[PDB]
Amino acid sequence: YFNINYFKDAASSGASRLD
Amino acid sequence: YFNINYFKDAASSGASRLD
Amino acid sequence: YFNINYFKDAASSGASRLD
Amino acid sequence: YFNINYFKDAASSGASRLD
Amino acid sequence: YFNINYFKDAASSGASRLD
Amino acid sequence: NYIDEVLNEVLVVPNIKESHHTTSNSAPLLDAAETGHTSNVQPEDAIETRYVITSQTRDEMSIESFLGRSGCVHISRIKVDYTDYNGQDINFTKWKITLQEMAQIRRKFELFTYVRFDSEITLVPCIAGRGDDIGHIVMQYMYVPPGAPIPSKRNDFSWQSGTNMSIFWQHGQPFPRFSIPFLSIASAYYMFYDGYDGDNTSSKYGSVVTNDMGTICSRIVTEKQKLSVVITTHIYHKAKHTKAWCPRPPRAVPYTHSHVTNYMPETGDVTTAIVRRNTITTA
Amino acid sequence: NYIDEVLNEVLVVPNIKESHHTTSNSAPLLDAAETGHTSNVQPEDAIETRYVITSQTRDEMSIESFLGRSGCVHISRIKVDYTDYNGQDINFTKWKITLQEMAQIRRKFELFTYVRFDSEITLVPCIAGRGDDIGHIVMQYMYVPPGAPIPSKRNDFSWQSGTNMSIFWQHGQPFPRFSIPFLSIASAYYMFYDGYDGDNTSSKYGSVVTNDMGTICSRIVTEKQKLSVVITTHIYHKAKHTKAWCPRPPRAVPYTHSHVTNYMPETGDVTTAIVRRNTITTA
Amino acid sequence: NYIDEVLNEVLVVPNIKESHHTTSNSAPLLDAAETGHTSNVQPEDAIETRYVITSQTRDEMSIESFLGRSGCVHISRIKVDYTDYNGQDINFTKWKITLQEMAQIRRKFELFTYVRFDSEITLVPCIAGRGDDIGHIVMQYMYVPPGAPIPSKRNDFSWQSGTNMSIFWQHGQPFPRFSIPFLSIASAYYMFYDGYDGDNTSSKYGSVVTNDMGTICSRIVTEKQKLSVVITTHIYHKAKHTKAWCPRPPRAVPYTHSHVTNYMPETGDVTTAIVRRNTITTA
Amino acid sequence: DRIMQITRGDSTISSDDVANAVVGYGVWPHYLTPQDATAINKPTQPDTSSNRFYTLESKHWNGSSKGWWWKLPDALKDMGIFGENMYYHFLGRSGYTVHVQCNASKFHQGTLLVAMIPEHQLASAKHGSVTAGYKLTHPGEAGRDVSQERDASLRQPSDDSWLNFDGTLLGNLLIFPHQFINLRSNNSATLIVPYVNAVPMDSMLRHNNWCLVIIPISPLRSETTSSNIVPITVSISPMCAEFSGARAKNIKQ
Amino acid sequence: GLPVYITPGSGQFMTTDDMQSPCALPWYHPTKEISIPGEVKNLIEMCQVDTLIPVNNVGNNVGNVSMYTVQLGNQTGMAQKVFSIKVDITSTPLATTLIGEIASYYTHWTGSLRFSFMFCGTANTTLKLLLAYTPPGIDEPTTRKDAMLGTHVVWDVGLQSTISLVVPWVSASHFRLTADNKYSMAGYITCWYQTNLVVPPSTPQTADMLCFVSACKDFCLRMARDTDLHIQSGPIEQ
Amino acid sequence: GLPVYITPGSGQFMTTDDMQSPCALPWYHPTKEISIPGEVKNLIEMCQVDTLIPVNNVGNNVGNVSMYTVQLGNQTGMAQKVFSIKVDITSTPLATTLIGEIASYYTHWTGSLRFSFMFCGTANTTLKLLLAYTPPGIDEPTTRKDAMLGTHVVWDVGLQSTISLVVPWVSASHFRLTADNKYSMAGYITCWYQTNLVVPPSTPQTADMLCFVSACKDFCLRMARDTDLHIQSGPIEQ
Amino acid sequence: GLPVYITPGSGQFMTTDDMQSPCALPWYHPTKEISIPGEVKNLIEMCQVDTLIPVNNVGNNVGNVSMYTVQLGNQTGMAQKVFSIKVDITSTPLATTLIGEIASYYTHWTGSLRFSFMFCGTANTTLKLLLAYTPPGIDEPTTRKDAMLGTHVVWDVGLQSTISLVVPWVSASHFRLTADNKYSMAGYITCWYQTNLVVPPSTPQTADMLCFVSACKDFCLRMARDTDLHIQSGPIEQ
Ligand SMILES: Cc1cc(CCCCCOc2c(Cl)cc(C3=NCCO3)cc2Cl)on1
Ligand SMILES: Cc1cc(CCCCCOc2c(Cl)cc(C3=NCCO3)cc2Cl)on1
Ligand SMILES: Cc1cc(CCCCCOc2c(Cl)cc(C3=NCCO3)cc2Cl)on1
């Protein structure tokens with residue numbers, strides 16, 4: 001389960017990723 | 001996540017879009 | 001979102017349709 | 001909506017079927 | 001229903017499997 | 001479908017075309033209403049109309065949006081007692097299954113002879129505190145079809161519901177709701193009837209010989225509390241997946257009693273909505 | 001499947017064909033019931049029937065809709081004490097695993113010799129306020145199979161459930177529910193039995209030598225409170241995924257005690273549902 | 001997989017084949033157990049067996065269903081004070097990270113030398129009302145690894161958890177739960193150890209030189225209330241995704257203290273579960 | 001045709017008149033399968049020498065008769081071989097054939113209801129939680145009731161018929177495998193019955209799986225000399241008997 | 001599990017919502033639905049059937065039937081006037097009508113409307129009335145000329161018997177309110193003599209005309225609301 | 001996460017709902033299910049097996065067995081009547097019957113029904129009864145002629161012995177109520193002598209007939225409800 | 001959002017449930033898992049290893065080691081008996097055994113079992129015991145003949161030294177209870193002299209035999225529960 005930005009804005013999202 | 005108008009009527013929906 | 005008769009019986013369902 | 005045995009064990013499930 | 005590790009980390013997950 | 005259904009444009013009305021003048025023989029404006037039929041004349045016929053593309057749906061004018069709306073049909077009340085708990089016919093309600101026990105909505109159906117539907121059903125308990133603390137007042141609603149043991153009093157053996165339906169609601173957790181199949185031995189619910197129980201010149205006659213469909217014996221499970229209360233569990237009802245046959249003239253006289261038509265008020269002259277005019281000449 | 005299952009048209013009954021008269025030899029209406037078998041005669045045989053396409057399902061006439069319904073089988077009670085907390089055999093309940101401890105539903109099964117099922121199980125705690133404020137009364141239910149340390153009293157060491165099941169419910173959060181595998185060393189649950197413990201002319205004989213399956217030792221975790229209470233946690237039970245073997249005649253005599261058949265009332269003559277008639281001639 | 005996993009038929013046991021008689025040389029029933037190995041003899045070997053197709057799974061006999069069960073390992077307690085709030089070492093709990101502080105489950109592991117796992121973890125706060133109203137008692141649990149500022153008292157600066165974990169639970173909202181990676185600098189958790197701190201004839205020796213993994217400093221955030229309380233937040237623990245190495249003989253002597261083996265009771269003779277017989281001749 | 005012939009051991013039974021035969025739950029009795037099994041030893045299966053046609057003690061059919069029962073695993077606790085193998089083994093499993101003979105003349109009138117019953121937990125005659133005694137649900141060839149008298153000190157069952165002895169209106173009893181003996185058509189009654197029990201092989205001593213009942217419904221009525229006695233004789237045949245869990249030997253009681 | 005956020009509206013109850021509910025009585029197969037002559041599917045249908053109009057909306061008449069007839073009289077004068085009513089379909093005399101009774105269940109109405117009149121006169125009798133629709137804007141006309149100026153229909157009584165007058169839809173707002181509103185004023189309709197009522201010998205000289213109103217395919221309603229025309233100043237007993 | 005709305009019914013509890021529940025005792029592999037002769041799957045089955053009828057529903061008889069037999073007598077008169085019972089399958093004497101006992105678990109019943117009678121007479125004995133089903137509409141018939149007029153079956157006692165009488169389904173409402181209801185009145189069935197009971201010499205002159213009732217493939221029930229025929233005016237002890 | 005219904009069980013807590021939980025300590029990469037000789041995966045394994053049996057379950061002996069040896073004696077008489085224990089694997093002397101200790105963690109047990117005996121005698125010494133398994137049904141046998149009648153194994157002491165006796169599975173119920181239960185009584189096992197213990201000159205005349213019990217591949221348990229064999233009538237300090 002993931003990438004389901006339930007919210008529109010980007011500022012709202014999980015902790016980013018890593019690379 | 002989106003376009004899941006959980007409700008029937010159109011009056012009920014998120015803030016429209018932009019174009 | 002629709003036609004997800006979460007319940008078994010038919011008596012339980014949304015307001016019917018129109019045709 | 002169905003056959004989503006949210007739980008592992010079989011003892012936990014809806015009322016069986018008919019056949 | 002399964003393999004939906006709603007959480008990121010692995011330490012968080014159901015009881016493992018069997019094999 | 002979507003758009004048409006989301007935009008609510010399913011049942012659309014025709015538009016008003018354009019007309020020109022007519023110095024012609026056939027007079028559409030003339031028909032003989034005695035045929036019992038209804039005229040078919042339109043704007044375009046009578047006048048020199050223009051051209052209006054319409055956009056009004058007759059969606060909300062469907063027996064389902066006309067009927068499919070929740071309405072108070074009963075207000076179960078329990079003025080608890082702690083003095084005598086149990087006792088015969090106490091602290092538990094029971095009420096005969098019906099609609100005619102309360103207007104506005106009774107009105108509404110009665111617009112048709114026969115009707116059929118799956119019913120929604122919702123319970124709105126409201127706990128009035130007559131004490132300094134209401135505690136945790138659990139509740140048990142259930143349904144007693146015919147012929148079934150209707151609780152004589154509060155803890156019968158019938159509140160075991162080994163094979164009956166009992167919905168439970170505890171203060172906080174939301175309104176109980178559920179739904180129901182169309183319950184009738186008949187293909188449709190009889191809103192009316194011109195039948196009787198029998199030849200007994202003392203038999204019953206009405207909507208009613210055909211509707212003994214239940215009753216509801218109630219219960220506040222929790223046991224004895226300290227500080228009193230009074231519970232008022234409101235019963236709303238919605239018609240989902242409805243059909244209707246043979247429309248009738250609406251009601252204009254305030255009824256009295258259910259399963260009957262009777263209007264004849266207690267003394268007061270029979271009153272109706274019609275207003276009086278001084279003269280027909282001026283409106 | 002859906003339609004058939006949603007429309008509930010899985011098990012449909014045949015229709016009644018059309019008949020004509022019969023001035024013929026073989027008489028289907030004549031059979032000898034002594035064969036112990038059952039007649040096979042129908043409408044169409046006996047009369048000059050018509051033609052009715054049926055539409056009644058025997059869905060609700062399935063051991064699963066006959067059995068699969070929740071029923072009170074026990075009412076755990078705890079009249080708390082604050083005076084002596086803990087102490088031996090207090091403020092914690094324990095109860096022997098069974099059904100025969102309460103009718104209506106006991107009745108229902110007993111309709112069959114053997115039975116098998118996964119059981120639903122639900123707990124309906126109701127907190128009666130005997131004080132001016134009930135606080136936060138947490139709860140611990142759990143299950144004590146054989147042979148296991150059954151709490152002597154309230155805080156044993158057995159309430160650690162290091163390897164047992166304990167469900168926790170705190171005032172507000174909904175009814176605890178859960179389910180369970182079919183627990184028997186046997187391929188089916190013995191509703192009855194014609195066996196004994198042994199040759200000991202003092203051995204046990206019944207449904208019961210074969211059902212020592214538990215018990216339930218209870219607990220109200222929260223510690224000492226100020227204002228008293230009494231808790232009544234109702235135990236409902238539902239049979240899901242059921243099978244049944246060898247039907248039996250229903251019960252007509254009010255029982256007494258469980259794991260036994262015994263009817264013989266205390267003095268009162270044995271009473272049954274049959275009613276008395278003045279005469280066979282008029283019904 | 002499903003079926004096998006849903007039906008729980010993953011680890012199945014072999015069946016018992018059929019045998020015939022043997023008037024032959026090689027005697028399987030004879031082996032020399034001094035080899036330290038274990039015999040390999042079966043039913044089929046010793047008797048004239050039949051044929052039984054088995055159907056018992058050794059699923060529930062897996063280090064994960066043996067271990068993977070929640071167990072009380074600690075009962076944090078806070079007898080609040082309103083007189084002196086804050087003060088040193090008050091109204092906030094702290095407790096050393098471990099298991100051996102409480103039996104039944106301690107028992108269970110100890111069955112193996114080494115162990116490894118991700119731990120579930122659940123908190124079951126229970127608020128006992130010693131007042132006429134408990135208000136809104138918020139709570140803060142958190143974890144203090146080594147070496148970290150452990151709150152001296154109630155509002156340190158460490159309750160800011162700028163980089164620590166603090167779970168918050170407010171009366172009503174459900175039990176706090178969460179999980180955790182396997183925390184050890186070592187490839188596995190040492191249930192035991194035959195090591196010491198050092199050569200210091202005063203060094204530490206046990207499970208313990210290797211397990212300073214934390215502590216938990218607690219807090220009831222809400223500030224000063226009027227009517228007192230006592231909070232008892234129970235700490236349950238479950239082992240998910242477990243592995244075990246080198247089994248050991250279970251424990252038969254009631255321990256005392258943790259991180260030690262010591263049994264030697266205070267005076268009382270060392271007691272064990274073994275029962276005494278009059279004679280070997282009759283059981 | 002009504003005539004019937006049955007051969008079970010070294011024994012055969014005939015009947016020049018009958019009301020079919022009945023197979024309990026439409027299943028024919030047979031030997032246990034390595035699927036449903038559980039035990040591990042090779043069962044001893046006496047064939048013929050065991051599952052043969054044993055006839056019990058006979059009884060009188062009275063105008064005062066009330067009814068009599070026999071419990072099967074038990075009725076042959078003495079019947080040679082079968083009834084020894086019973087006592088020598090822990091596990092026993094077997095199905096039966098019940099031949100109920102009762103003749104009189106075509107000038108007689110009477111009706112007997114015969115029925116077998118899986119797990120026939122009888123009720124005690126006395127109110128309470130005291131269950132019937134062993135020793136009394138273990139009568140033997142002889143059977144029980146008749147319309148007899150006895151100590152009420154004994155944790156004695158219900159001699160009560162109409163309630164089915166279990167307290168179920170007899171008459172619904174027709175649900176159990178059965179048939180009647182209407183002296184005007186019938187002569188016998190033949191029940192055949194497989195092994196019913198939640199376990200593959202039970203204790204032939206502690207547990208009686210099948211229970212058989214014969215109940216006079218319409219009272220015997222002749223106009224003859226009461227010198228004319230019309231017995232009722234029961235004959236039984238273990239079928240597909242299988243035993244196992246060999247050892248010492250229990251004891252008679 | 002699924003990290004969810006409970007939205008504001010959650011747990012509420014609306015007498016107007018489409019949601020599913022566990023059906024108590026699982027496995028129930030309702031009585032089949034036999035065939036029944038005449039089933040409705042839309043209020044509209046009922047709205048298109050002409051129901052009779054109370055117009056003789058006058059005093060003692062009112063509780064009786066007459067309350068439905070309009071007698072066409074003598075008239076010594078000429079070019080005299082018969083009656084008038086206003087179009088606002090929720091206004092006695094209109095209201096009570098199958099239509100009115102209804103419309104009073106919705107907040108807004110629209111489209112054309114149909115008024116039909118019938119001569120319960122005689123056969124040998126004759127007449128010619130002028131009916132008119134005076135759109136919203138001014139006052140119900142005091143005189144015929146003034147009213148003839150707008151929308152109308154001359155009606156020749158004859159072998160036919162029924163003249164149907166259409167009421168076009170004239171409005172600013174695509175839609176009108178069902179509730180009394182100065183703005184959404186639909187106007188007036190009135191009837192006058194064109195000629196007279198002539199009857200040859202020994203025929204009565206007064207006769208009646210019945211009047212009706214059915215809808216037009218124009219027609220349509222919206223915004224359901226609870227009615228006006230019925231106050232249950234009860235309760236209702238048992 | 002998922003913006004969700006908690007619906008009205010949420011958190012409730014229904015003794016009649018299909019929902020899943022965490023199974024305590026994870027990883028448990030239940031005892032296998034061995035084979036067992038005779039397993040049911042539908043009440044119906046039980047309903048199709050004829051159970052005996054208490055009909056001699058009379059006084060002292062009732063607590064005994066006789067309560068099941070009906071002796072066919074003398075009858076000095078001729079064309080006399082035997083008994084009657086009413087069809088409403090939840091009405092003592094019916095009720096208690098495997099069927100009745102059941103039906104009383106559901107609110108509604110339907111289809112045909114089967115009544116069977118058996119002669120526990122003699123061999124040399126003879127008789128001829130007339131059984132009849134008097135549909136709902138009137139009163140249980142006082143006389144044979146009156147009853148013979150409707151549905152019936154003449155029964156010739158002979159080498160056979162069992163006559164089975166069918167009770168067609170006559171009703172207005174596809175379905176009938178199981179509960180006593182004047183409307184859903186199923187009617188009466190009665191039995192009379194066609195000829196007599198003749199017995200040659202030295203044979204008794206009274207004899208019995210047993211009667212039974214099993215269902216028809218017509219049959220079907222619905223709307224489960226808790227029974228009538230059993231009041232646990234207990235409790236139940238230990 | 002998603003019209004949801006919160007089900008009964010919701011919000012509870014079960015010491016036996018499989019559910020996920022936010023992991024505190026995000027981004028933590030645990031110490032690698034090095035290789036370690038001998039890891040278990042199933043209790044079973046432990047159950048198949050023969051652990052020693054306390055059998056000399058007698059008085060003063062008990063708190064010592066002897067409590068494990070069984071000295072084979074003189075025996076003036078002949079055909080005399082050695083010992084007995086009962087099979088119900090949760091019954092001292094059994095219980096405490098790696099197996100027993102365990103089984104007491106589950107509610108039900110099943111399959112065959114293995115008893116092994118070893119001669120700690122001498123080399124020049126000789127003997128022959130008869131061991132027997134007396135299935136459930138009767139009383140532990142008073143005499144050898146009586147016991148020899150059922151399941152047994154004659155054991156010839158010789159160059160080998162270990163005789164292993166199997167305990168077939170005889171039961172009605174596929175499964176037995178681990179808890180003391182008259183029903184689920186597994187039976188008894190006993191040992192007697194077949195011949196004697198003969199020893200040539202200047203060898204002791206009493207010697208011991210050790211006994212053990214390991215499982216069979218038959219074996220299997222279920223329904224986990226908390227143990228019997230350990231009461232923490234503590235607490236536990238610091
Ligand atoms: C006229 C007319 C209209 C109707 C409709 C009848 C619909 C039945 C009422 O439905 C309910 C039922 Cl069956 C049970 C309950 C119930 N509430 C708590 C327990 O049972 C509530 C309702 Cl509204 O009947 N006559
Ligand atoms: C006859 C007959 C019928 C049954 C069925 C027995 C089913 C077992 C009861 O199931 C429960 C269990 Cl195992 C535990 C609990 C429990 N509640 C709180 C803790 O444990 C409740 C039930 Cl209903 O047994 N004999
Ligand atoms: C022996 C032995 C066994 C273990 C296992 C140790 C597992 C660590 C305990 O896990 C917890 C942690 Cl790290 C934190 C909290 C916590 N609760 C509130 C704040 O932190 C609770 C538990 Cl059970 O250690 N020695």
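Reminder, nothing fancy here: chain letters follow the sequence lines and each chain counts from 1. In each ligand, atom 1 is the first atom listed, and ligand 1 is the first ligand listed. Header lists the method as X-ray crystallography, 3.8 Å. Contacts here are counted within a displayed part of the entry, not across the full deposit.
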Quiz item: Which drug does the model show at ligand 1?
Solution: WIN 54954
Self-check item: Main partner chain, WIN 54954 (ligand 1), name from the PDB entry
Solution: human rhinovirus 1A coat protein (subunit VP1)
Quiz item: By chain letter, what other chains have any heavy atom closer than 4.0 Å to WIN 54954 (ligand 1)?
Solution: F
Quiz item: What species name appears in the entry as the source of chain F?
Solution: Human rhinovirus 1A
